[PDB]
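In this PDB entry you will find paromomycin.
Throughout, a chain's letter reflects where its sequence line sits, starting with A, and its residues are numbered from 1. Remember, it's 1-based here, ligands and their atoms both numbered in the order they're listed. Lab note: partial entry displayed, contacts enumerated inside displayed portion only. Just so you know, these numbers use all the heavy atoms, side chains as well, and skip hydrogens, waters and symmetry mates.
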Amino acid sequence: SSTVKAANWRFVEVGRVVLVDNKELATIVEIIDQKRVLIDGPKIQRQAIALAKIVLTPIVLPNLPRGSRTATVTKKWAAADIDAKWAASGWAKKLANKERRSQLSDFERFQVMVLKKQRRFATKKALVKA
Amino acid sequence: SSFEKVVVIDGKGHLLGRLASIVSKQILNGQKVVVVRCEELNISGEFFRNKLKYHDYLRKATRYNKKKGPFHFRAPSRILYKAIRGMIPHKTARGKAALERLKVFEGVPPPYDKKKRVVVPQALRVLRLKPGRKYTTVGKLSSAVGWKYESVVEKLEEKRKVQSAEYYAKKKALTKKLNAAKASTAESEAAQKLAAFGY
Amino acid sequence: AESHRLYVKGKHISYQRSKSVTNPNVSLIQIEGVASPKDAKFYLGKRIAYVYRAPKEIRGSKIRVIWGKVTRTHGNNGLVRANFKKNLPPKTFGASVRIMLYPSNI
Amino acid sequence: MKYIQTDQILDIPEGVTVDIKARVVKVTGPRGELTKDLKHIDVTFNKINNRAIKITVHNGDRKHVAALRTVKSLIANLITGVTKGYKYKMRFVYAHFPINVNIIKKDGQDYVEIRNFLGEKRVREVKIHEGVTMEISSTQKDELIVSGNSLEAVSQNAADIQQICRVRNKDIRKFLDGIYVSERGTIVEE
Amino acid sequence: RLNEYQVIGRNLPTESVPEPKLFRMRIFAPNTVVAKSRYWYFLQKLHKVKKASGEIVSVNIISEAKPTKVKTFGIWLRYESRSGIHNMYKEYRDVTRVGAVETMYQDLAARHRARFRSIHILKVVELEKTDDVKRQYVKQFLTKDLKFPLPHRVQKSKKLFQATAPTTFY
Amino acid sequence: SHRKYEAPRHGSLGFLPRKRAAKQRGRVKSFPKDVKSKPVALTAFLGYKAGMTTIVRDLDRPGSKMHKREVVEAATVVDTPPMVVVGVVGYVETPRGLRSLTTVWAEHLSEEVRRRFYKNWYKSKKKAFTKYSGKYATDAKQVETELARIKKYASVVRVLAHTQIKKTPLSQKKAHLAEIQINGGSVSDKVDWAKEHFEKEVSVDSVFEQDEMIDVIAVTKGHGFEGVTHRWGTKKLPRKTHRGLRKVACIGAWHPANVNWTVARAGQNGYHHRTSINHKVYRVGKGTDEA
RNA sequence: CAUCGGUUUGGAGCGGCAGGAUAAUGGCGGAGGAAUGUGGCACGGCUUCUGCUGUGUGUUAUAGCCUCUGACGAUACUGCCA
RNA sequence: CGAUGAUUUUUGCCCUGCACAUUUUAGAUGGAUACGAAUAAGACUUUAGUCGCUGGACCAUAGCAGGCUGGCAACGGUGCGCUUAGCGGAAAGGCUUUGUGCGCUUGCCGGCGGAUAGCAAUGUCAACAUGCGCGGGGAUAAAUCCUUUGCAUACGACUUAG
Ligand SMILES: NC[C@@H]1O[C@H](O[C@H]2[C@@H](O)[C@H](O[C@@H]3[C@@H](O)[C@H](N)C[C@H](N)[C@H]3O[C@H]3O[C@H](CO)[C@@H](O)[C@H](O)[C@H]3N)O[C@@H]2CO)[C@H](N)[C@@H](O)[C@@H]1O
Ligand SMILES: [Mg+2]
Ligand SMILES: [Mg+2]
Ligand SMILES: [Mg+2]
Ligand SMILES: [Mg+2]
Ligand SMILES: [Mg+2]
Ligand SMILES: [Mg+2]
Ligand SMILES: [Mg+2]
Ligand SMILES: [Mg+2]
Ligand SMILES: [Mg+2]
Ligand SMILES: [Mg+2]
Ligand SMILES: [Mg+2]
Ligand SMILES: [Mg+2]
Ligand SMILES: [Mg+2]
Ligand SMILES: [Mg+2]
Ligand SMILES: [Mg+2]
Ligand SMILES: [Mg+2]
Ligand SMILES: [Mg+2]
Ligand SMILES: [Mg+2]
Ligand SMILES: [Mg+2]
Ligand SMILES: [Mg+2]
Ligand SMILES: [Mg+2]
Ligand SMILES: [Mg+2]
Ligand SMILES: [Mg+2]
Ligand SMILES: [Mg+2]
Ligand SMILES: [Mg+2]
Ligand SMILES: [Mg+2]
Ligand SMILES: [Mg+2]
Ligand SMILES: [Mg+2]
Ligand SMILES: [Mg+2]
Ligand SMILES: [Mg+2]
Ligand SMILES: [Mg+2]
Ligand SMILES: [Mg+2]
Ligand SMILES: [Mg+2]
Ligand SMILES: [Mg+2]
Ligand SMILES: [Mg+2]
Ligand SMILES: [Mg+2]
Ligand SMILES: [Mg+2]
Ligand SMILES: [Mg+2]
Ligand SMILES: [Mg+2]
Ligand SMILES: [Mg+2]
Ligand SMILES: [Mg+2]
Ligand SMILES: [Mg+2]
């Protein structure tokens with residue numbers, strides 16, 4: 001055999017899902033340059049953006065033709081169910097938990113501390129015998 | 001952005017002047033800084049150019065008495081110190097106090113061999129230079145200009161890394177055991193409540 | 001309670017100044033954890049105390065305080081301008097100040 | 001111009017197993033193994049199959065594209081070094097003074113000992129690189145055979161032998177004496 | 001930051017000539033004050049008219065027809081160097097006709113040190129056919145199934161110090 | 001304008017400053033580089049300059065006009081009674097240079113070496129090294145612990161030895177104590193050799209053989225304050241020069257408006273530390289030999 | 001501390017109105033066209049056709065795109081809000 | 001800058017435990033939270049899954065600046081004091097560890113206390129240094145002037161001897 005280690009990059013291709021502004025999802029519909037792409041999405045405005053302003057996700061929207069219009073992008077996004085695919089990843093889960101933590105109140109933080117005390121007691125009890 | 005009692009920076013892979021300016025402004029603002037592994041610092045530009053630059057620096061000396069002139073320090077830590085001091089009003093009492101807030105070393109001597117070293121992304125060579133550019137390691141320039149203890153430092157750094165590797169293997173084993181204990185106490189009332197809170 | 005702090009950590013950085021002339025009547029303060037004028041705008045109007053130690057006792061206490069207040073933001077990285085009852089002495093450059101949470105508007 | 005993508009295709013013969021991980025190429029063949037580190041170049045590798053490897057440069061400028069086919073050629077030279085070997089033949093050129101060449105061993109090291117070069121009392125010694133074999137040709141008078149798997153070491157040892165026999169303070173157009181590389185081929189004839 | 005303007009003007013009517021011909025120009029200007037200034041600059045380069053003897057008739061913004069359709073534009077230029085006057089032709093990929101001109105102005109500033117005052121835009125044409133594309137540096141983006149990664153990603157940090165090793169995966 | 005003629009400089013800039021040595025005992029700045037494969041042996045010895053003499057020797061130098069022919073040569077006699085080993089020092093390789101880790105001493109020190117640590121011996125209670133001598137109490141485990149530390153951590157091992165100056169005709173009673181680097185063998189071998197040689201005499205015949213080439217470290221003859229003419233070998237000024245002639249006429253150009261460090265000036269001459277190399281050993285004599 | 005008055009710096013500020021190609025887009029409907037030709041089909045190299053793939057063909061099929069257009073509905077930008 | 005010898009029969013010196021009072025502080029106010037290496041690559045958990053896309057993390061965090069008492073569940077956690085063993089010389093002066101004793105435990109539940117500092121005023125709580133009282137262990141010097149020397153020297157200084 002050969003056993004060549006290949007790069008696991010994310011590629012700039014028609015159908016790549018990207019995060020914009022740490023809030024919204026979008027997909028690449030056509031490549032402008034090494035630096036610029038045309039993006040579209042159900043909850044975003046179809047626009048030409050610089051690749052520095054977006055982050056490629058490991059997700060590809062399969063079978064998206066180059067230059068697809070807003071209707072095609074929305075229809076294929078609904079078919080591929082990109083929102084559910086995103087929401088199941090540890091990245092989106094970490095973002096959601098960060099938001100949830102940011103919405104806690106002082107009383108909820110106090111309760112968090114109390115629950116941490118109880119769980120640490122249980123964890124030490126489990127750890128000493130295992 | 002937090003204020004730390006001491007910030008210990010691992011100097012490996014850092015560009016000399018960007019780290020120097022950042023550390024100067026940090027110590028001027030009352031922050032204590034320790035820089036370790038100054039022999040692993042980086043300067044942009046090929047090695048020969050920096051050797052020529054250091055020889056231009058060496059050219060400069062007080063004519064009537066060489067003992068009064070610039071003192072060309074050959075150690076990597078002293079090169080970083082010169083870079084920083086050029087960025088400080090060192091002839092005032094305030095600059096003197098700011099410089100007292102700073103320490104620079106070759107290698108990682110005690111007690112810092114068992115403490116946390118951080119990096120400075122705004123000054124990292126691997127993140128700043130274009131991927132084709134050539135760079136210099138300050139340890140090789142120092143040996144090339146008179147620093148005598150390169151092989152002593154590399155012998156002691158290999159010894160430190162052997163001990164530091166044993167540390168990590170112990171920490172990974174105890175981290176694995178605690179995770180198995182945290183897995184047992186999962187799906188408990190505290191864990192379910194902590195999951196609704198985001199923890 | 002291992003912690004008892006009721007103030008935000010700050011640092012006395014500088015006076016308001018040009019290249020060569022300094023203005024002691026305005027101090028530049030770095031609030032800990034603040035990195036933008038939007039974050040720093042939460043702290044506008046909050047009173048500031050500089051707490052220091054002195055040789056002579058006053059009413060049995062050797063601790064004296066100079067009080068101030070936040071007036072405006074400064075620049076783009078979350079520094080603020082402060083106005084103290086008595087100007088902060090220049091030797092306090094790099095010394096820590098206390099950013100009080102009052103007058104509170106939460 | 002920042003060419004968007006440039007590719008080269010390595011071809012791996014049947015008995016050869018290239019092996020690449022983090023720009024460290026280890027080529028294995030019937031004749032042995034050779035290794036080379038490429039951390040000074042920005043290239044990426046894709047295994048098309050067991051007989052072909054794609055070597056790619058993405059968004060590379062003129063010089064960075066130029067550094068791609070040299071990577072291809074170096075790995076190909078490794079492959080033919082581990083499947084056919086390398087052989088350089090040197091001819092001894094002298095007008096009057098015979099060149100006395102011996103293969104000696106001092107201090108546990110192999111050396112090529114050149115004596116009487118242009119009548120000099122000086123004894124020239126060239127260290128023989130590891131993995132390089134020297135032989136005094138029997139079928140040919142005044143011939144040295146330098147052989148080995150690595151083309152770089154063999155050609156550099158040959159160059160060492162050639163460089164140590166330079167003529168000083170004379171018209172080198174007339175005084176053509178020296179030891180020169182006459183043939184650059186392979187151990188296995190083709 | 002530019003806009004495309006339609007500026008129409010004419011000579012002031014005389015009793016000899018009461019309806020002078022109306023001339024339109026397409027001007028890429030940041031605002032209408034520079035748009036009407038550039039108009040008179042080129043008419044006095046072509047026609048016997050002045051701002052004192054003329055009249056601006058209309059200024060209207062020309063919006064992109066399909067601002068979210070990726071196009072390739074060919075721009076014909078006439079620029080002044082330190083030594084002479086030269087004609088050049090270049091090609092740009094962008095979604096707006098204006099955005100190709102903004103790249104063009106940045107581009108001739110960077111490779112030829114040509115300032116805005118030294119440049120005349122003769123023509124901007126959208127290349128409908130892929131055979132209309134003459135330049136390689138934009139033709140290389142018209143290949144089928146174009147994919148490429150972005151190796152060596154550098155992440156901008158909000159904090160001065162980071163407690164974990166830097167990475168460039170992407 | 002330039003000098004009318006180009007002459008070489010007066011004196012060497014590699015022996016500045018021409019000041020007095022900090023100590024009268026010359027100190028070995030650098031020792032021979034250590035080779036593990038050699039046997040454990042000393043690299044230095046201390047002696048006293050007795051005087052000069054003359055020898056006659058048949059020369060063995062092919063191609064010389066004096067080959068196999070008698071030559072008359074000046075020679076120097078160095079009185080070298082055996083030295084006594086009293087201590088050992090360990091040195092550790094550090095990123096700041098060699099650093100002394102520990103010094104271990106012998107149980108008994110002779111009076112001549114205990115006088116080394118005193119300026120007024122006759123007025124003293126002579127308390128030096130008495131508690132340390134007590135450190136050897138019935139098990140001497142403190143000494144063994146320090147020696148094990150030296151074996152474990154030291155990279156350079158040097159012995160401490162003193163001359164037996166009471167065997168010389170000098171009226172001085174203070175011995176001269178110096179560190180002599182130990183070369184050969186492992187660190188453990190050096191430490192065992194040093195410990196086993198405590199309170200023992202070591203002779204010159206165990207350090208130097210005949211026909212060897214050795215170096216000499218010493219402080220030269222003092223001459224006190226000297227003028228430039230003899231201190232630096234400068235040209236005497238003409239006989240008819242006002243205010244004297246044993247001077248340097250021009251001590252600098254107008255600019256730099258300072259006196260340069262390279263100009264010859266009057267000052268203290270001699271009593272300098274010098275290292276002189278490649279002196280051949282014609283004879284290692286023995287005091288017990290009647291010939 | 002509260003409230004006021006004068007001056008002033010702001011907010012991820014909120015709302016109403018007007019203008020423009022009575023924005024241009026986009027979405028929906030209809031008509032036409034091409035290729036960086038989708039499905040299909042025909043030859044191949046590796047696949048027990050395991051996003052197989054290359055090339056040819058051709059015009060919506062098991063993707064789509066471009067142009068024109070018909071009736072609505074928005075938004076950007078900019079002004080004004082006593 | 002290091003190693004090492006000796007350190008005032010003085011009410012003087014060293015080490016140490018407590019206790020107190022002072023001067024100083026370039027500026028405590030939960031925690032300086034320890035692999036290495038690469039980056040056209042990496043981690044983890046077994047070449048395949050997961051991870052990153054920042055520390056908005058992790059640990060710690062409840063109790064008159066944290067009081068007085070009582071009870072369960074567990075046999076854990078932690079502070080301090082002896083104590084066991086091992087490792088660390090790059091500036092180790094720290095990192096572990098055995099047994100034991102005295103506390104606390106907020107893992108959970110009870111009973112009692114805080115007011116008046118009056119609507120804020122740092123509303124005083126830390127470590128470095130020095131001195132002083134006790135208690136305990138411990139040791140009991142030199143250098144200079146002077147005379148002398150001449151390996152030295154203008155005088156200081158230097159090599160000697162007393
Ligand atoms: N699943 C829908 C698919 O639509 C595709 O076909 C699409 C195109 O061929 C067709 O072309 C354009 C379209 O791009 C554009 N966005 C709208 C325009 N009205 C369409 O035009 C065409 O389709 C419409 C019906 O939609 C017809 O009324 C009209 O006559 C025809 N020229 O619009 C169709 C629908 O968007 C597939 N080729 C077809 O096999 C399939 O039905
Ligand atoms: Mg620790
Ligand atoms: Mg030097
Ligand atoms: Mg204080
Ligand atoms: Mg010549
Ligand atoms: Mg000639
Ligand atoms: Mg690192
Ligand atoms: Mg002259
Ligand atoms: Mg030396
Ligand atoms: Mg010690
Ligand atoms: Mg010690
Ligand atoms: Mg004299
Ligand atoms: Mg004399
Ligand atoms: Mg004289
Ligand atoms: Mg005269
Ligand atoms: Mg006079
Ligand atoms: Mg008002
Ligand atoms: Mg007001
Ligand atoms: Mg409107
Ligand atoms: Mg429309
Ligand atoms: Mg068409
Ligand atoms: Mg097809
Ligand atoms: Mg409309
Ligand atoms: Mg409308
Ligand atoms: Mg508006
Ligand atoms: Mg208004
Ligand atoms: Mg006090
Ligand atoms: Mg990593
Ligand atoms: Mg994991
Ligand atoms: Mg693994
Ligand atoms: Mg594995
Ligand atoms: Mg994997
Ligand atoms: Mg963490
Ligand atoms: Mg932790
Ligand atoms: Mg209790
Ligand atoms: Mg218990
Ligand atoms: Mg100590
Ligand atoms: Mg110590
Ligand atoms: Mg600890
Ligand atoms: Mg107050
Ligand atoms: Mg108190
Ligand atoms: Mg208290
Ligand atoms: Mg004297």
Components assigned to paromomycin: ligand 1
What name does the PDB entry give to the macromolecule most in contact with paromomycin (ligand 1)? 25S (gene name XR_002086444.1)
Tell me the other chains with a heavy atom below 4.0 Å from any atom of paromomycin (ligand 1). A, G
Mind pulling out the residues near paromomycin (ligand 1)? I'm using a 4.0 Å cut-off on non-hydrogen atoms. A:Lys75, G:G30, G:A31, G:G32, G:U60, G:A61, G:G64, G:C65, G:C66
Provide the organism that the deposit lists for RNA chain G. Candida albicans
Extract from the PDB entry the name for chain A. 60S ribosomal protein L14-B
